[PDB]
Amino acid sequence: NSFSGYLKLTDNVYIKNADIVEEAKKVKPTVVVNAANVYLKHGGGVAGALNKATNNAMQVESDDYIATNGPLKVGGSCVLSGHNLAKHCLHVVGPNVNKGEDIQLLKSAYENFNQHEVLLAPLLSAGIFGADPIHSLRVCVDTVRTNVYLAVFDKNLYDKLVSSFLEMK
Ligand SMILES: N#C[C@@]1(c2ccc3c(N)ncnn23)O[C@H](CO)[C@@H](O)[C@H]1O
């Protein structure tokens, strides 16, 4: 039970070099955040790792939701089951700047976290979404007021995030 091994960046933002799936299985948090696309297709990265850990139950539930909803908006979210990982999964769509989606929508994406007391989360709009990860962490720190536990799988990205956050003091 309980989050451990996090570096406290602000009063409400914590960060750890860890697999978000391993964190969820250890802690069983109320909310785990998925780094989603508008169609909630959980093919790769965080989304793939979460869906795999649910043995595809997350994808089947996502497909049912999108059939009633249509695609999410960029900057938008939905609350679905956290299945065996968490009580809830908050699927959030950050902007993909590779497709010329507006970086400002990254503010809208993180704003969704404020509807949840505590979240286990990845960094939004990094990897294939092509946003500057150091900017993403700044938007998170400036936008989120609830407790967020950031799980960053890649050691090199984690070290870059932590040392750039400390160097700006
Ligand atoms: N680091 C990292 C990643 C990632 C991929 C897979 C995982 C995982 N299993 N746990 C946590 N993080 N994680 O999260 C960010 C999401 O935009 C990107 O930088 C990804 O590369």
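Quick note: numbers on chain A are straight from the PDB entry, i.e. 4-172, in order. First listed ligand is number 1; within each ligand, the first listed atom is number 1. Heavy-atom basis, side chains included; hydrogens, waters and symmetry copies ignored.
Lab note: most contacts to ligand 1 come from the chain UniProt lists as Papain-like protease nsp3.
Drug at ligand 1 (options: MK 1903, PHA-793887, GS-441524, PD-0325901): GS-441524.
Look at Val155 and you'll find a heavy atom under 4.0 Å from some atom of GS-441524. Of the protein's heavy atoms, none falls inside 4.0 Å of atom 20 (C) of GS-441524. In this structure, chain A contacts GS-441524 chiefly via UniProt domain Macro 1. Every atom of GS-441524 is numbered from 1 in the order shown, and the set under 4.0 Å from a heavy atom of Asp157 is 1 (N). Numbered from 1 in the order shown, with element, the atoms of GS-441524 that lie under 4.0 Å from a heavy atom of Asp22 read 8 (C), 9 (N), 10 (N). Where the criterion is an N or O separation shorter than 3.5 Å, residue side chain and backbone included, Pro125 fails it with respect to GS-441524. Note: GS-441524, no covalent bond to a chain. The site surrounding GS-441524, defined by heavy atoms under 4.0 Å, contains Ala21, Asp22, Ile23, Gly48, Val49, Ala52, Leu126, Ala129, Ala154, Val155, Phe156, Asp157, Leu160.
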